Structure formats: structure tokens, C-alpha cells
> 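For reference, the structure I am asking about is given below.
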Amino acid sequence: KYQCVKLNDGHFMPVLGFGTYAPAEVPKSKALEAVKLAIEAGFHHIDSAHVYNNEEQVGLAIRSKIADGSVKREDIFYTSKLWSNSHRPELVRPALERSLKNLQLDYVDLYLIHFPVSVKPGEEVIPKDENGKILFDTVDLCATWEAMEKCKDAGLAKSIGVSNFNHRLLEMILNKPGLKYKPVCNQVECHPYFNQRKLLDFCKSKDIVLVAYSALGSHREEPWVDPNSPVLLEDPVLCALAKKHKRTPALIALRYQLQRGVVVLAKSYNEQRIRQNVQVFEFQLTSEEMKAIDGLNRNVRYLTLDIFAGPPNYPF
Ligand SMILES: NC(=O)c1ccc[n+]([C@@H]2O[C@H](COP(=O)([O-])OP(=O)(O)OC[C@H]3O[C@@H](n4cnc5c(N)ncnc54)[C@H](OP(=O)(O)O)[C@@H]3O)[C@@H](O)[C@H]2O)c1
Ligand SMILES: COc1ccc2c(c1)c(CC(=O)O)c(C)n2C(=O)c1ccc(Cl)cc1
């Protein structure tokens, strides 16, 4: 047994997810070892994506811990994500099947539209022209959602959702004539310096779960993150609350999310910290502590993907 939340399609999502993205210069082998350790530590939710270029390794970890008798496939909740070069409806299923082939799994638990801006089809995840301009594409995301809906009916994705969507883009889907399946979730940046209260309230009102990424203040990887942004985990209120609970600022930041009804991801390729992060189920924060963490909020968005700014669907 482990702590899960019922999703709006009646499937269940473990409330603590293991993030698998590392910058490109971390060797891909380390994804294989970290996922296994994560499973061993008690993570039942594993978050990946096509664009992370680690689905072979993360799929191997998963198949390995199933085959060795440590866990059943039914007790692993695996997420993949549809990259922006496969938004065209006819390219949706093939992208999911490519992911499944790379993973050697029969199905994904959750398939998300990764980012609402589209780019030109082909093998390249960031297609550029000769002068280095990104090759944007024009795709109706409602059609992409219909093709997502079909992957669910094919049983290739048990649930479907979205990531990096804003209010307008969510509403666009929710109001679609003939809508068959709401997004079960909206995976977005969420932490004590960017707490997403408004967007969180909105998703609650539609029974969409907010899934928090960069919950620990991000991989901080340049140039995607401004090195002058403050380091979340160095916050004195978070460090004071850690100290007081004999926990860590990480655990405080994760517990905060669980208690406000957010599903929280946490990446780590360090054995010690992987095991530490599951301790988020061993303590609780009082109302006064929670309000304290609320007060940290400051509109610090770490991650903007601003190479994809300009088109109308850019969400930020
Ligand atoms: N949908 C999207 O567009 C999107 C965007 C970004 C991220 N994601 C997902 O969300 C996941 C997590 O986000 P993220 O990678 O930005 O990083 P994150 O979880 O905020 O973690 C940031 C850093 O914290 C360190 N860390 C982990 N546990 C710690 C602990 N207990 N104490 C101190 N440091 C700790 C990690 O380093 P060590 O590895 O050395 O421990 C990691 O680099 C990603 O891997 C991916 O699955 C989704
Ligand atoms: C919303 O702000 C960002 C900023 C940078 C991002 C992402 C999201 C994501 C999406 C995510 O992490 O889920 C990725 C993968 N980013 C990259 O750094 C990146 C690295 C290599 C390639 Cl080939 C393509 C993108």
C-alpha cells in the first residue's frame, strides 16, 4: 500500500512521483540505476518523456524490478509525454508506440501533451532551419487531444493529461465540442516561490490534479535557468522548518505540496537523497507552518522554454 489520489477518469495516481530528467551531460546509464533505486525506496510513480532521451533506460529499470519480483506492473504508475514534433493528430499514436517500443512496456499509465507549442514533424525534437530558427508548426491542439483520447481507447494510455497548460489552454480543451475525456492532470512548475494558487484552484474546480515539477527549485541547468535566480532549498524559513522537524528543506517543500492537494515530483540520482525523499510520508506540517510557506511566494518562475516563445500557444 502507498498513498494515491483518484483521478477524474477513475484511475489512481501515486502522490509522490520520481522525476527522471537529467541534463544531457549526465550519462544516460545513471537513469537506469536511479529508477531502480527509486522503486527500491518506495516510489510507485515514475515520470519520463520522449524528449528526455532516457526511455530505454527507464523502461529497462522498470522491466528489471518487475522481472526480479520486487514490484508488479500494476504497482508502477509510468508517465510519458508527447513531444511537440508529434502534435499532428496522425503522429500522436505513432509517437506513443515509439515510446512504448523504447520502454518495452505494453502501456503507459499516463500520456501528457508536453508543451502546447508545436514544431515541425520529424526525428529532431528541436527542428531548426539553416539559420538556426526553430521550425514552428501550426496544429489545432483540440485535434491533438482527440488523437490522445483514441490512444486511451486503444488501452495504450490508461489516462491522458496535459503539461504546461494555462487557464486559456485548459479551457480550450474542457470546452471542446464532443469532449470525451477531460485531462486528468496539468503538470506544471510548482514550488514555495511559485505556488500556483490560482491555477491550482482552477484545476481543483474541474477535478484536475496539479502535478508539481521543479518542486525542489529545479535542475538549475543553464541556459534554461537564470543562475541569478535564488536557490529555493537555501531559503531560511524552509531551513528553519527543516531544522525544527529534523528533516531537510527538500522534505518540507515536498510535504507542503502534498498537504495542499498537489501531486509532487522529485528528481534525484543520489541514493541517499532518493531514500530521504520518501520520508515525506513520515511527518506533517501544521496550519501555521503551511501559511508560513505560503508567504514565501514570489512569482519566481524558474523554467520558461523561451526558445518556444512567439507563437500564440506559448503559455507563459
Ligand atoms: N513537464 C515539464 O515540462 C517538466 C519540466 C521540468 C521537470 N519535469 C519533471 O519534473 C522532474 C523534477 O523536476 P527537476 O528535475 O526540475 O528537479 P527537482 O525535483 O526540483 O530537483 C532539483 C534538484 O534537487 C536535487 N535534490 C533532490 N532531492 C534532494 C534532497 N532531498 N535534498 C537536496 N537536494 C535534492 C536533485 O539533485 P540530485 O539528483 O543530486 O539529488 C535535483 O537536481 C524532472 O525530472 C521531470 O521528470 C517536467
Ligand atoms: C518549460 O521550461 C522548460 C525549459 C527547458 C526544458 C523544458 C522545459 C523541458 C521539458 C521537461 O523538462 O519536461 C526540457 C526537456 N527542457 C530542456 O532543457 C530541453 C533539453 C533538451 C532538449 Cl533536446 C529539449 C529541451
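Start at 1 with the first residue, then count along the sequence. Numbering of ligands and ligand atoms starts at 1, following listing order.
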> What is the name of the drug located at ligand 2?
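Found there: indometacin.
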> What does UniProt call the chain with the greatest number of heavy-atom pairs under 4.5 Å to indometacin?
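The largest contact partner is Aldo-keto reductase family 1 member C2.
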> List indometacin atoms under 4.0 Å from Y52, heavy atoms only on the residue side.
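This gives 11 (C), 12 (O), 13 (O) as the contact atoms.
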> Within the structure, does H219 bring an N/O atom to less than 3.5 angstrom of an N/O atom in indometacin?
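In fact, backbone or side chain, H219 has no N or O that close.
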> Determine which UniProt-annotated active-site residue of chain A is nearest indometacin and quote the heavy-atom distance to 1 Å.
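By heavy-atom distance, the nearest UniProt active-site residue is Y52, 3 Å.
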> Can you confirm whether something in the protein, heavy atoms only, sits under 4.0 Å from atom 18 (O) of indometacin?
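Flag for atom 18 (O) of indometacin set to true, protein heavy atom closer than 4.0 Å.
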> Note the single closest protein heavy atom to atom 24 (C) of indometacin, along with its residue, its atom name and the distance in Å.
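Checking every protein heavy atom, the shortest distance to atom 24 (C) of indometacin gives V51 CG2, 3.9 Å.
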> List the source species for chain A given in this PDB entry.
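The entry lists the source of chain A as Homo sapiens.
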> Return yes when at least one protein heavy atom is under 4.0 Å from atom 5 (C) of indometacin, and no when none is.
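Looking at atom 5 (C) of indometacin, one finds that a protein heavy atom does lie closer than 4.0 Å.
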> Please list every residue in chain A that UniProt marks as binding substrate and that has a heavy atom under 4.0 Å from indometacin.
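Going by heavy atoms, UniProt's substrate binders that qualify: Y21, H114, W224.
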> Could you pull out, from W224, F308, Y213, the option with a heavy atom nearest to atom 1 (C) of indometacin?
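Considering heavy atoms of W224, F308, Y213, the nearest to atom 1 (C) of indometacin sits in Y213.
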> Which is it for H114 and indometacin at heavy atoms under 4.0 Å: side chain, backbone, both or neither?
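It is the side chain that gets close, since no backbone atom is under 4.0 Å.
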> Protein heavy atoms: any of them under 4.0 Å from atom 9 (C) of indometacin?
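For atom 9 (C) of indometacin the answer is no, since every protein heavy atom stays at 4.0 Å or beyond.
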> For chain A, which UniProt NADP(+)-binding residues keep a heavy atom less than 4.0 Å from indometacin?
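UniProt annotation plus heavy-atom distance gives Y21, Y213.
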> Provide the number and element of each atom of indometacin under 4.0 Å from a heavy atom of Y21.
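Once the distances to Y21 are compared, the set is 18 (O), 20 (C).
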> Record the part of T304 in heavy-atom contact with indometacin below 4.0 Å; permitted values are side chain, backbone, both and neither.
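The answer is the backbone.
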> Any idea which protein heavy atom is nearest atom 7 (C) of indometacin, and the distance to it?
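Checking every protein heavy atom, the shortest distance to atom 7 (C) of indometacin gives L305 CD1, 4.3 Å.
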> Answer side chain, backbone, both or neither: which part of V125 comes under 4.0 Å from indometacin, heavy atoms only.
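The answer is the side chain.
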> Return a yes/no value for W83: is any of its N or O atoms, backbone included, closer than 3.5 angstrom to an N or O of indometacin?
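No; the residue has no nitrogen or oxygen that sits under 3.5 Å from a nitrogen or oxygen of the ligand.
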> Okay, heavy atoms under 4.0 Å: who's in the binding site of indometacin?
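Counting heavy atoms, it is made of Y21, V51, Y52, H114, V125, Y213, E221, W224, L303, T304, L305.
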